[PDB]
Peer 1: 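For reference, the structure I am asking about is given below.
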Amino acid sequence: XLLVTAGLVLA
Amino acid sequence: XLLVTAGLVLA
Amino acid sequence: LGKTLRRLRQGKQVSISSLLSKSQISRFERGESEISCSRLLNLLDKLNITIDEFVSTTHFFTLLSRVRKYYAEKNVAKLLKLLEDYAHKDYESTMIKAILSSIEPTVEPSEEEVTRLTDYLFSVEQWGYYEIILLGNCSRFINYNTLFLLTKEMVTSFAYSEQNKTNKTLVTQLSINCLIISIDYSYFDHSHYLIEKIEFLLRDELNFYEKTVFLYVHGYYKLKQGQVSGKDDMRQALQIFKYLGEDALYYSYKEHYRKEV
Amino acid sequence: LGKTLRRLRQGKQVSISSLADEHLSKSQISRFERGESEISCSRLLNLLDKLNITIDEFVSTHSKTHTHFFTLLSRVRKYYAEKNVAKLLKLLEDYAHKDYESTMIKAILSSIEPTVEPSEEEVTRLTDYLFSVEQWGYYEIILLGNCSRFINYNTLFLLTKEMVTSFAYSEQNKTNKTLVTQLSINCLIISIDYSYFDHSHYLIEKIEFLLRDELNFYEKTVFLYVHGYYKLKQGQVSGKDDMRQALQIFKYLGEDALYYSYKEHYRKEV
């Protein structure tokens, strides 16, 4: 969703 | 599973 | 591979001897002989190293690593050059455009590019890391109905190992992502389905992040089904973000809360 | 394995022809899928890469089989949950020829039957091994984690420093990083207890670094508590606020056992 930048997906 | 604490890693 | 085997072994102070023969072991290490994956796995097992671990020490991974580097820098020119470099790879370039879109809004995958990708995702019998990462990164350009259909395929046919739960964790996050849109759009049959799938995925795991977002999003569900206590759940999830100093998650969900509640 | 390759490839609607190149012919691929021929691991990896599957992903769909060490852990696991001292006892006889494993089995078994403990000499052989390793993998991390109660604090601290600076992970698999983070927090707890604030300060800085740009909310929640505890032991009133916030997190997430267990620590030490 807002994960900038952790985990490699941007949900 | 749950670590509370060490515990069994990784239990 | 013969090279990486050597390093792993020898950095454990393990002799070639006490591990095939001494000769062939030695002979695979020096990159002269090819060995089967069967015998490689057997060697790693003797070394007490998993294959998951061995890999950790690949076209798609290379792409992701470059994307991560440039995105972290928010470097639009470099991501455009990366897009150029991968333009002949259809799903990969579609994914790059989807990612780029979040920091340069003028860049977006076309409807036809997205359709080729969702046709491909729909066709896969068993979802792996590749498919999961493609869906997750292209989701804002996929209409909700297609998103739910693919999410359902993913949830019901993905693989993971007990040693590496990476795929399971991503599937949980993407299922929750789908769930919050299902609730936005009042597909409550969809929502009911996803809630059961997520609860199953969370069982006997830590996964506190997913549990925190799930507390919020299930709370949202409850509020739309007429349970006022859902508000309490959503406000508690916000408190958790706040306590852990998770600024982005806190301000983003607080935003969603202010508009919906 | 050829069977599994075939299944995964057909499952992606991919032709044998599209996988063939200068390294493997169509014929060699077919003969492999049918089990008539074997191919090298390297050539298999090439095929997998074309299918955007990494060999660790391929292995887990091939079978539920796991390594000797993971098999050991799985057995020990269910016995510890069921408190079965009896078959942990001959699990221990079963592994007598494996020094580090049996030393670890004794350590675990001591938590439900204290009459069995690893000897000082056994532990020392293990810590010597652990100091001798250049990169810590799952094996070394799990050994350290489960034998920690029998390592003297200063050796434990030094071993922890080795582990946090020498473990391997990748962007795609943070399994070992998450474990290293958990064991670092475990050491921080002991360091605070023993009032080693030098060691505590070092560990706090390392843990903060390990948690950066990660999710890991379980470790962040425990670290909120433990660091607050460190803060308290040095006269910052905020430390108690931090601990109470961590309790609320466990509570809010329905984590009753954790809530109970940390609230017990709070009522006792605070």
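The chain called A is the first sequence line; B is the second; the pattern continues. The PDB entry numbering applies to chain A: residues 1-11, in that order. Shown for chain B, in order and in the PDB entry numbering: 1-11. Chain C residue numbers are taken from the PDB entry; in order, the displayed residues are 5-23, 28-65, 71-274. The residues of chain D that appear here are 5-274 by the PDB entry count, in order. Modified residues: written as parent or X. Their additional atoms: not counted in contacts. Per deposition record, X-ray crystallography, 2.0 Å. Keep in mind that the numbers below use all heavy atoms, side chains included, and drop hydrogens, waters and symmetry copies.
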Peer 1: Help me out: which of cyclosporin A, insulin lispro, bivalirudin, pasireotide, dusquetide goes with chain A?
Peer 2: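 Of those, cyclosporin A.
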Peer 1: Find the chain in most contact with cyclosporin A (chain A) and give its name from the PDB entry.
Peer 2: Transcriptional regulator
Peer 1: In this structure, which other chains have a heavy atom at a distance under 4.5 Å from cyclosporin A (chain A)?
Peer 2: C, D
Peer 1: Return the organism named as the source of chain C in the deposit.
Peer 2: Streptococcus dysgalactiae
Peer 1: Need one label for C:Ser115: side chain, backbone, both or neither, based on atoms under 4.5 Å from any heavy atom in chain A (cyclosporin A).
Peer 2: side chain
Peer 1: Heavy-atom cut-off 4.5 Å, strictly under: side chain, backbone, both or neither for C:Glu259 against chain A (cyclosporin A)?
Peer 2: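 Neither; nothing under 4.5 Å.
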Peer 1: So for C:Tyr142, is it side chain, backbone, both, or neither that comes closer than 4.5 Å to the heavy atoms of chain A (cyclosporin A)?
Peer 2: side chain
Peer 1: Please state whether the side chain, the backbone, both or neither of C:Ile193 comes within less than 4.5 Å of a heavy atom of chain A (cyclosporin A).
Peer 2: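 Neither; nothing under 4.5 Å.
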Peer 1: Which residues count as the binding site of cyclosporin A (chain A) under a heavy-atom cut-off of 4.5 Å?
Peer 2: C:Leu77, C:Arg81, C:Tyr84, C:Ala85, C:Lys87, C:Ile112, C:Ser115, C:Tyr142, C:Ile146, C:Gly149, C:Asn150, C:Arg153, C:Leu183, C:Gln186, C:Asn190, C:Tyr222, C:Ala261, C:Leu262, C:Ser265, D:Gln176, D:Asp217, D:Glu218, D:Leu219
Peer 1: In this structure, which residues of cyclosporin A (chain A) reach within 4.5 Å of chain C by heavy-atom distance?
Peer 2: A:Unk1, A:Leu2, A:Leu3, A:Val4, A:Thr5, A:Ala6, A:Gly7, A:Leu8, A:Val9, A:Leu10, A:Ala11
